[PDB]
A.B. asks: 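This file holds Penicillin-binding protein 2/cell division protein FtsI with ampicillin (open form) bound.
Chain A corresponds to the first sequence line; subsequent lines are lettered B, C, and so forth. Going by the PDB entry, the residues shown for chain A are 8-232, 249-359, listed in order. Residue numbering for chain B follows the PDB entry, covering 1-416, 420-580 in order. As the structure lists them, so they are numbered: ligands from 1, and atoms in each ligand from 1.
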Amino acid sequence: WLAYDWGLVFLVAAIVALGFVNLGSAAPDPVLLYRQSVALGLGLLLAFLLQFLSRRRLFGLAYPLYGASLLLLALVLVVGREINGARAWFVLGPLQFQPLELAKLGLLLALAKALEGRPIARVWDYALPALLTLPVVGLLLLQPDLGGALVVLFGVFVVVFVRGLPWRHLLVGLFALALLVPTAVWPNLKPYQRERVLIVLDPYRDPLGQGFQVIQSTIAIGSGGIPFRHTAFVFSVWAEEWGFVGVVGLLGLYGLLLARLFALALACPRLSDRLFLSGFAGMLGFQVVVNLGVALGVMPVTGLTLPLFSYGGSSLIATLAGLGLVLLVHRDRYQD
Amino acid sequence: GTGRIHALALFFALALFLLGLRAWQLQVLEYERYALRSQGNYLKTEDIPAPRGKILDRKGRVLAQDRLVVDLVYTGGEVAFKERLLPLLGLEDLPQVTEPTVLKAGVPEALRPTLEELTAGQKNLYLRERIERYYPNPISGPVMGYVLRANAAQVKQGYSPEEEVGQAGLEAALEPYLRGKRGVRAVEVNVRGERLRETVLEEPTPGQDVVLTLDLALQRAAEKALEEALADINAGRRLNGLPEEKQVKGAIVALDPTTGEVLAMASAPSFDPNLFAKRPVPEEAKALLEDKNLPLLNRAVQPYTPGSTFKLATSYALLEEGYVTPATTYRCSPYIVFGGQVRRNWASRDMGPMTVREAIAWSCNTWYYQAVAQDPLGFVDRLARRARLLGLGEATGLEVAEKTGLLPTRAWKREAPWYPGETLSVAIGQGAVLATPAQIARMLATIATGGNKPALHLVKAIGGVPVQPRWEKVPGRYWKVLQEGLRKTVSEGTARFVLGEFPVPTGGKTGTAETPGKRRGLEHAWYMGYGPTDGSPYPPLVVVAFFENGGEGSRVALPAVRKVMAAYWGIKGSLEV
Ligand SMILES: *C(=O)[C@@H](NC(=O)[C@H](N)c1ccccc1)[C@@H]1N[C@@H](C(=O)O)C(C)(C)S1
């Protein structure tokens, strides 16, 4: 129907354009550039196929996808592959899939279809989303995956922050939970774990945080014009070579990206479209402010990549498929 | 239903603004911190070693420190200007070895400038620098102690292997205060491969300097006075037929009774703290750890049998409970029958009528037999009440690791089953009344001050903060009686021949402890002694000397205190010149 928002598509295209340009120096392995190019082809073809669907059919599979995502998060801990101390991938040769992507895209639909009704703001307002969130995070902390769990909790927080808004009861609840849980984990934490957590806060410990400290010095190399990994540190490679007048260009595109995602979230009159696009833009923007915060030496290391800018076998496809659902509910914001 | 989304849009907008402001900080405000000299030079990051704190006593004499260790290493075997090096080094030849080898370890401050001019910055000749803990005025190990590198279990606690962990009695207590922050730096490396500019990213804290209450003057005399006791220990054991047992098992403590500061503490057989420190793997230190004796343990804080030193507290518990007035009448007979067996006296003839002052003087044992025989079952519990009140059961507050002093009560014997004949042996100190020389020195300091029960602390000040001494008072209605009996021991009792003609009027009490092993004539040598009982312009001082199985406290421990007391008040010997 050609009734999309081409401004959002141009912002995504401009970011993934600089991503392929930046991967020219960051890991210049031609074998890696092949698997990244064929990932963009499938990531764009899948979004083109998701446009052959209606919004009613999308939210019709909210509970099916949520129930199926819980089956994979419980199966990944059995027949999964351990890449970095955690099993969270399904690789059967030429296949590459992560169940955490289906959990996010499944929980946003399920929590939107569910919270379209009345939330009892008295006590049981948080009861329904917590009953749907803990089974997801619970099967993620048993991988373990702390970074992916924070994206889930932040997205669920965004969904509740749009419908619920228990501002007086939510902040006091967080301040209490943020003081009772550390008061219980710190005494039961081992010295191997206590120092590990303290190193996460203050990163000045070389045998583990040398590269993460080198990132702070690597970014400040060029102005006005060996790192650990390319995936978890695309920004440091890109910020080092392009100076500061460039960094504002990447921060600008991501700033304009989260703006149109929230702007298109407002154009939708339905509440479930308000919740779905808010949680998606919340989860997407949460990784960015966390990933770029790790590189700049502000946010603690969580092990997350830059969406639409990093090297991802499926993370690019899943991020594009998520944007396809964004463009889906926007052209269907009026019709029922 | 829309305003909350405007807030999230504003949130991530200000979030990316803070990141942009954070980048601008590193990019613009810190570009002078990461300059690369307009060349393809890489950047290497290295951590800065932490200067451990300096341990020094009062008056400023350094006792522990750490400086550079300059060594000469060379590989290849090129002569260079060796016609000058051979006489300077005194080797007369260059031993050609394949692996890198060290020549002249510990280059002095005079040879290093002469070597530096001859180093010429060549690839073969260089001067490696190292960090090692240096003790300019070594003090007895069991008190001072040693230093080792980070253990494998300690590495997981955030310790670098180059860091130095102190198992010492004194350096473990100060370890949280001596350790400095291991900083991190980064240096621009040229394409050739040299240092260009250093960049301090984490400033290394140089640790904190601890000021001790020990006096290096009294400390030398304390360790010295332990050795002449061996000549007295071997002399005493010679009359019994036992071997010379030349080992010097014992310790000594000298402290200020007023301010609670400890001035001299030494144990034997001590070791040299410089052994474990500077040497990578000293083979002599490995034998010290596997020693059949206890060369590392501080016998000043370990529990032993106090003997006649505990009877000073028995008299305190006897006067405060109201058992005996300060002018009671008891004849120091040679023998006393408790009811089952005969309690033996240290002597063999009748001494005469005595008081509490006279009983402490001549150290009569038959006094504490008749007096306790009145109420032997209830006094034992009240005895430990006053005993723990004087500082014999609880800790002394020392920074060094201290052992538990056991005081016997009726409740303790039930959990260990009590017999009435045990009280008399407990009254003198036989019934497992385990005490430590540190706790023993505190008990005398309480009676010397007449009520004040100060806390023993080696540290006078950490960094620059003067540590205030904590006091505590005990309810004592008759203090002078004990103080008079203590000097009556020096004036007329056991210490008559050593300290009778002594210039400073001293008081104290001798002590021997029938060892539980065989009771064959080699008791534990004990003697306590506090400072000027009279208003004589001499600073107060308490000294307590102990020797394992040394025997004859009047012959071994008593002269050991005379030596330390003479060193404190500056008592001249045969110096007619
Ligand atoms: C303690 O109050 C007295 N007796 C003992 O220490 C021992 N029970 C003892 C050892 C050897 C012979 C007889 C008794 C005094 N402690 C000694 C001392 O003051 O040095 C004493 C033997 C002279 S008497």
A.B. asks: For ampicillin (open form), what are all the matching ligand numbers or chain letters?
C.D. replies: ligand 1
A.B. asks: Which other chains are in heavy-atom contact (under 4.0 Å) with ampicillin (open form, ligand 1)?
C.D. replies: B
A.B. asks: If the entry models a covalent bond for ampicillin (open form, ligand 1), which residue and atom sit at the far end?
C.D. replies: B:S308 OG
A.B. asks: What would you say the binding site of ampicillin (open form, ligand 1) is, if we count heavy atoms under 4.0 Å?
C.D. replies: B:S308, B:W346, B:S363, B:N365, B:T513, B:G514, B:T515, B:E517, B:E526, B:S557
